[PDB]
Trainee: 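Complex: arbekacin : 23S ribosomal RNA.
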Amino acid sequence: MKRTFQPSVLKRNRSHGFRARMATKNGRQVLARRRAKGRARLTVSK
Amino acid sequence: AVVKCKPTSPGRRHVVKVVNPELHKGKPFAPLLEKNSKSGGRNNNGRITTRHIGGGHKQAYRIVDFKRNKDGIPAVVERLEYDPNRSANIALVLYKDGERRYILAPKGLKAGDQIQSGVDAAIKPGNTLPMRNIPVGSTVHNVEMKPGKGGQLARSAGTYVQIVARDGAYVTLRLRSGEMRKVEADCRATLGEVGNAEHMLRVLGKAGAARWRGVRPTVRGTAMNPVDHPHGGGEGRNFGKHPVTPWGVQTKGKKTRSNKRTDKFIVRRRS
Amino acid sequence: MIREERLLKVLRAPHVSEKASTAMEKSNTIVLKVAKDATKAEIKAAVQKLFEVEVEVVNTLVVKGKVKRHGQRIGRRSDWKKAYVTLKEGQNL
RNA sequence: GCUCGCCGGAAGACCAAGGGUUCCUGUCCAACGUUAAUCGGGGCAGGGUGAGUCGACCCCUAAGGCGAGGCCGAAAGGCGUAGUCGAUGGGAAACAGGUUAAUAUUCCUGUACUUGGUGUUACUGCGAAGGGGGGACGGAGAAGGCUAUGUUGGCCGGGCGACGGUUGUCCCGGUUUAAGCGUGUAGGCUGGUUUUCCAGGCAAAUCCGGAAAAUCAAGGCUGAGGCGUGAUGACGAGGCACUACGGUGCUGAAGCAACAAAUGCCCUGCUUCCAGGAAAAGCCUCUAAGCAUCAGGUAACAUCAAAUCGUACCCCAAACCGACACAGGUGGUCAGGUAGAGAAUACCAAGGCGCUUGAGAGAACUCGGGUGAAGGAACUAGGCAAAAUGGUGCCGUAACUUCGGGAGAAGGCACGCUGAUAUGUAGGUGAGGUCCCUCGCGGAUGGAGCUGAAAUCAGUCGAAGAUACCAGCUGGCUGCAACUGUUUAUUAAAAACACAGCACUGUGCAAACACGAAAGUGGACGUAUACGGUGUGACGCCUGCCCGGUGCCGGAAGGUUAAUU
RNA sequence: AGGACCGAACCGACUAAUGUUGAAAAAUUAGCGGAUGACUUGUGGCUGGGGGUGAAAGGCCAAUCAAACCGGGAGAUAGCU
Ligand SMILES: NCC[C@H](O)C(=O)N[C@@H]1C[C@H](N)[C@@H](O[C@H]2O[C@H](CN)CC[C@H]2N)[C@H](O)[C@H]1O[C@H]1O[C@H](CO)[C@@H](O)[C@H](N)[C@H]1O
Ligand SMILES: NCC[C@H](O)C(=O)N[C@@H]1C[C@H](N)[C@@H](O[C@H]2O[C@H](CN)CC[C@H]2N)[C@H](O)[C@H]1O[C@H]1O[C@H](CO)[C@@H](O)[C@H](N)[C@H]1O
Ligand SMILES: [Mg+2]
Ligand SMILES: [Mg+2]
Ligand SMILES: [Mg+2]
Ligand SMILES: [Mg+2]
Ligand SMILES: [Mg+2]
Ligand SMILES: [Mg+2]
Ligand SMILES: [Mg+2]
Ligand SMILES: [Mg+2]
Ligand SMILES: [Mg+2]
Ligand SMILES: [Mg+2]
Ligand SMILES: [Mg+2]
Ligand SMILES: [Mg+2]
Ligand SMILES: [Mg+2]
Ligand SMILES: [Mg+2]
Ligand SMILES: [Mg+2]
Ligand SMILES: [Mg+2]
Ligand SMILES: [Mg+2]
Ligand SMILES: [Mg+2]
Ligand SMILES: [Mg+2]
Ligand SMILES: [Mg+2]
Ligand SMILES: [Mg+2]
Ligand SMILES: [Mg+2]
Ligand SMILES: [Mg+2]
Ligand SMILES: [Mg+2]
Ligand SMILES: [Mg+2]
Ligand SMILES: [Mg+2]
Ligand SMILES: [Mg+2]
Ligand SMILES: [Mg+2]
Ligand SMILES: [Mg+2]
Ligand SMILES: [Mg+2]
Ligand SMILES: [Mg+2]
Ligand SMILES: [Mg+2]
Ligand SMILES: [Mg+2]
Ligand SMILES: [Mg+2]
Ligand SMILES: [Mg+2]
Ligand SMILES: [Mg+2]
Ligand SMILES: [Mg+2]
Ligand SMILES: [Mg+2]
Ligand SMILES: [Mg+2]
Ligand SMILES: [Mg+2]
Ligand SMILES: [Mg+2]
Ligand SMILES: [Mg+2]
Ligand SMILES: [Mg+2]
Ligand SMILES: [Mg+2]
Ligand SMILES: [Mg+2]
Ligand SMILES: [Mg+2]
Ligand SMILES: [Mg+2]
Ligand SMILES: [Mg+2]
Ligand SMILES: [Mg+2]
Ligand SMILES: [Mg+2]
Ligand SMILES: [Mg+2]
Ligand SMILES: [Mg+2]
Ligand SMILES: [Mg+2]
Ligand SMILES: [Mg+2]
Ligand SMILES: [Mg+2]
Ligand SMILES: [Mg+2]
Ligand SMILES: [Mg+2]
Ligand SMILES: [Mg+2]
Ligand SMILES: [Mg+2]
Ligand SMILES: [Mg+2]
Ligand SMILES: [Mg+2]
Ligand SMILES: [Mg+2]
């Protein structure tokens with residue numbers, strides 16, 4: 001039974017990483033929202 | 001020749017192949033080769049804009065000479081070669097100065113034949129001349145529409161254009177479609193038809209043979225749902241509609257051409 | 001030429017363990033905790049200048065710090081660099 | 001610790017992905033572990049990952065992304081040129097032995113190789129953002145030559161057996177050695193050398209392409225394996241002694257041949273086919289500007305340098321994805337013996353395990369199996385399930401057919417072991433020896449030794465010889481779909497979809513059409529023997545009548561008719 | 001030669017039984033189909049919600065699909081319980 005989550009660090013970083021978020025104007029809005037909320041982890045980068 | 005395959009399997013029973021013993025059996029001329037990757041019918045937005053395209057064999061692009069601009073220099077047909085990118089075969093030709101090129105092989109062309117281009121060239125197959133210098137009533141191919149742009153008409157296997165008339169700066173041509181068109185008399189054309197007229201006599205015989213050529217299956221609109229096609233729906237086999245394309249335009253007889261820019265060059269439509 | 005200030009910052013301490021003792025007693029290799037950003041050239045220069053011994057070769061590894069628990073809270077110890085410095089058969093550091 | 005059982009193309013070993021300290025040692029047993037726990041992948045503390053050569057980084061690019069200017073768009077933004085990123089692909093170099101509780105192609109020992117910088121010698125036309133070559137490429141099939149590997153023999157060390165025999169044609173074990181360096185073989189490809197000239201290669205070119213002669217008839221490129229050296233070495237049985245009995249010090253004999261043999265190598269080869277099978281750099285070469293008694297290039301030598309990051313451990317799994325120590329899922333590499341076609345199957349090797357509650361009893365009933373008198377589908381919606389068939393060789397085989405099929409039709413016969421033919425045959429391999437030569441990794445003769453079917457005859461045992469595992473049930477009529485394929489992940493695999501074929505239809509290329517406020521893009525680097533839409537659905541014989549309705553196509557006189565005025 | 005035949009790996013999923021607070025939110029066991037191709041698989045990429053993709057089942061688009069999920073309009077509205 002293959003499950004929906006198949007980890008891959010390269011794909012993780014390329015889809016949800018810090019630079020991926022900063023590439024677009026809506027990702028920077030995601031980053032601003034998380035900074036305003038006070039998240040201890042901004043992105044999946046680490 | 002045209003060969004029928006013996007029915008040793010259901011996929012071989014109905015296969016008819018066109019086999020040319022005179023086609024080159026080695027690799028193509030490397031300097032004249034380019035890469036062309038597949039698209040799947042998808043444009044720069046990533047969407048499918050043409051349907052039923054995808055897969056097939058990997059192919060290299062052979063840079064074929066459609067302009068035929070080396071005027072006055074004779075060339076000898078080094079050989080004939082298979083081109084995966086067109087229904088016609090190509091001919092590798094060598095010029096007297098040591099330049100090799102690819103042209104469309106016309107009917108009757110063979111290794112060792114001599115070809116030339118320009119106003120002073122002889123009226124024989126494979127020779128390129130302005131249609132102002134080609135006699136009227138001649139059968140030409142690879143016809144230019146704009147002087148210097150390169151041949152665009154009658155480029156498929158077995159196709160040709162007939163020079164019907166000539167009126168000042170223009171020549172009327174009968175096209176394979178049955179259309180009469182006006183083209184500047186200064187446009188170029190090659191003499192003779194395009195070889196490989198047996199290309200239309202081949203039968204693929206199986207679905208995999210169509211898949212080898214990059215064609216994907218065609219689902220009929222009647223077999224879809226109303227949300228998928230205007231033809232979809234029904235409890236059983238129902239149609240009750242005027243046939244239409246997947247986007248709602250009538251598809252049996254309704255005319256779609258609209259070009260007032262080039263309407264002036266159409267002497268008569270194909271019918 | 002690496003400066004003396006850099007050489008003085010490079011080396012952090014000696015490493016004391018059974019493996020380090022065996023290395024010293026069998027191959028003339030001293031094991032040192034060095035700075036994380038210390039290179040083999042910097043370690044060689046620092047050891048020669050400050051320990052007044054001749055060095056044959058330097059091998060380095062980065063040791064990653066362990067995840068530990070203190071009162072049911074989770075912390076991590078820092079990574080550190082370990083250098084195996086081989087001396088020239090008569091130095092006795 | 002000794003027995004027993006299980007896996008052994010795995011339930012063994014090594015990795016990538018993913019995880020992240022789960023690794024090793026000491027210590028503890030609260031909680032966790034479906035039970036106890038002294039044990040643990042649990043708690044705590046300490047330790048452990050060593051590289052010029054392995055990988056990343058790095059140079060080069062694919063799909064694709066981003067993209068100075070630019071084009072487009074209410075704004076946000078979209079697209080895209082020059083560029084720049086982007087592996088899953090191309091690009092230099094290390095092997096064997098030893099070693100830790102835990103790392104090793106990284107440490108040690110021995111023996112190597114690569115790239116670059118400097119300095120000294122000599123010889124010298126060097127030079128790119130340009131030219132050429134090369135890198136560089138498919139499927140299938142066939143065979144030869146090899147090797148990894150195995151088997152047997154020889155050799156060496158040990159043994160003489162708890163119960164009849166075992167000094168022998170007896171038993172057990174071992175019989176191993178790398179890269180590198182030298183040679184250049186089976187095989188594959190290609191005619192060499194010189195001269196003259198030239199509308200081609202964004203200009204030049206001595207380079208590539210082309211034209212014309214002369215001359216030599218063997219030159220060159222590639223290439224597994226073998227051989228020598230590496231190696232007077234390392235390893236090596238067991239022995240001579242220790243052990244804190246987990247493990248250690250010293251010695252060390254033989255260390256060969258024949259046969260069989262890969263799916264690995266020659267082989268990016270060869271043959272053939274059509275569906276016609278990446279790119280760029282590294283690399284070789286040619287020059288331009290330029291420099292030109294300098295730079296730069298080539299060879300030799302000496303010296304320096306090769307940074308940084310990963311490296312523990314699990315990795316078909318108790319450590320990854322599944323909430324679990326979960327009968328699920330998960331890419332690559334290795335591939336022993338007997339039997340076997342086999343990577344199936346049975347039993348074993350090396351190696352690893354007995355699956356974290358047990359002990360009893362021996363009710364109904366449930367689950368998974370074995371056997372069954374007489375009957376034999378009478379069961380049931382239905383032969384569901386089960387039972388049955390099953391291998392090889394040979395004989396034999398119907399309607400129908402699109403001539404291929406149907407067909408493994410159906411049906412039947414033989415099958416173990418022993419001896420002989422022949423103390424091992426036909427065939428395969430093939431030493432020494434002999435002889436010759438364009439003397440070598442050579443040719444001819446020869447057959448020793450090894451290996452070794454299948455057949456016939458005779459005998460022989462059992463109820464049974466394809467003895468286990470493994471391994472088609474067969475035939476007749478009929479509907480549907482021509483066929484192989486696809487489909488409702490998780491109640492429907494079908495007669496549904498697709499399909500080759502057929503027809504109608506649009507489209508003359510700035511194509512129709514589709515995605516896009518647009519720019520652009522696909523169609524297509526295609527051009528009517530092409531492309532799009534629609535319907536039908538191999539093939540055979542065919543496809544009748546109706547244009548009144550609805551649509552489409554053509555017409556353009558007349559009637560009506562918008563903005564406009 | 002072949003969308004050829006028999007049959008492992010590999011891909012699938014026709015039958016039955018078990019299980020159905022399961023070992024498992026789709027499996028196990030015994031049989032079953034394809035197995036050189038319209039095959040299968042790793043790595044990376046692209047297509048985005050009235051949108052995609054679909055050999056077409058309204059199938060699939062993160063255990064969710066006749067219009068995904070997340071946040072907001074929002075305390076929608078509810079002659080109904
Ligand atoms: N010092 C030790 C003993 C000594 O060497 C010895 O006994 N040699 C015999 C010789 C005796 N002649 C051999 O017979 C065989 O070939 C004979 C043919 N020469 C025929 C019979 C056959 N059994 C016997 O096989 C052979 O056995 C030995 O060597 C064998 C070779 O590998 C090994 O397999 C075996 N393990 C080993 O005992
Ligand atoms: N493998 C067994 C499978 C099975 O038993 C089988 O199909 N058997 C066929 C039967 C089929 N009916 C037989 O025709 C033969 O007699 C026919 C009698 N009229 C005529 C044609 C002739 N070929 C066929 O010779 C025979 O082929 C078999 O035996 C051959 C010869 O040893 C083998 O080459 C072949 N590998 C093998 O299949
Ligand atoms: Mg998370
Ligand atoms: Mg189409
Ligand atoms: Mg069709
Ligand atoms: Mg259709
Ligand atoms: Mg459609
Ligand atoms: Mg339907
Ligand atoms: Mg509709
Ligand atoms: Mg009906
Ligand atoms: Mg070292
Ligand atoms: Mg390191
Ligand atoms: Mg024991
Ligand atoms: Mg821990
Ligand atoms: Mg442990
Ligand atoms: Mg407990
Ligand atoms: Mg622990
Ligand atoms: Mg800009
Ligand atoms: Mg862009
Ligand atoms: Mg780019
Ligand atoms: Mg780059
Ligand atoms: Mg890579
Ligand atoms: Mg280990
Ligand atoms: Mg061998
Ligand atoms: Mg194979
Ligand atoms: Mg390891
Ligand atoms: Mg358990
Ligand atoms: Mg498990
Ligand atoms: Mg698997
Ligand atoms: Mg097995
Ligand atoms: Mg248990
Ligand atoms: Mg019982
Ligand atoms: Mg019972
Ligand atoms: Mg009972
Ligand atoms: Mg029972
Ligand atoms: Mg029973
Ligand atoms: Mg029974
Ligand atoms: Mg009975
Ligand atoms: Mg009976
Ligand atoms: Mg009966
Ligand atoms: Mg009955
Ligand atoms: Mg009854
Ligand atoms: Mg049954
Ligand atoms: Mg009926
Ligand atoms: Mg069917
Ligand atoms: Mg039919
Ligand atoms: Mg029919
Ligand atoms: Mg499926
Ligand atoms: Mg279903
Ligand atoms: Mg367009
Ligand atoms: Mg047409
Ligand atoms: Mg269509
Ligand atoms: Mg139909
Ligand atoms: Mg009709
Ligand atoms: Mg097949
Ligand atoms: Mg079949
Ligand atoms: Mg099969
Ligand atoms: Mg089903
Ligand atoms: Mg099964
Ligand atoms: Mg429906
Ligand atoms: Mg789902
Ligand atoms: Mg809606
Ligand atoms: Mg409101
Ligand atoms: Mg409410």
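Labels below follow one simple rule: chain letters A, B, ... track the order of the sequence lines, proteins then strands, and each chain is numbered from 1. Both counts, for ligands and for their atoms, begin at 1 and track the order of listing. Partial entry; contacts are within-part only. Every heavy atom of this structure was used, including side-chain atoms; hydrogens, water molecules and symmetry mates were not. Method on record in the header is electron microscopy, 2.9 Å.
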Trainee: Could you help me spot every copy of arbekacin here?
Mentor: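 That would be ligands 1 and 2.
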Trainee: Which other chain letters have a heavy atom less than 4.0 Å from arbekacin (ligand 1)?
Mentor: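 By heavy atom, the other chains are D.
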Trainee: Could you help me figure out which residues touch arbekacin (ligand 1) at a heavy-atom cut-off of 4.0 Å?
Mentor: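 The heavy-atom cut-off picks out D/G153, D/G154, D/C155, D/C156, D/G157, D/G158, D/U169, D/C170, D/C171, D/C172.
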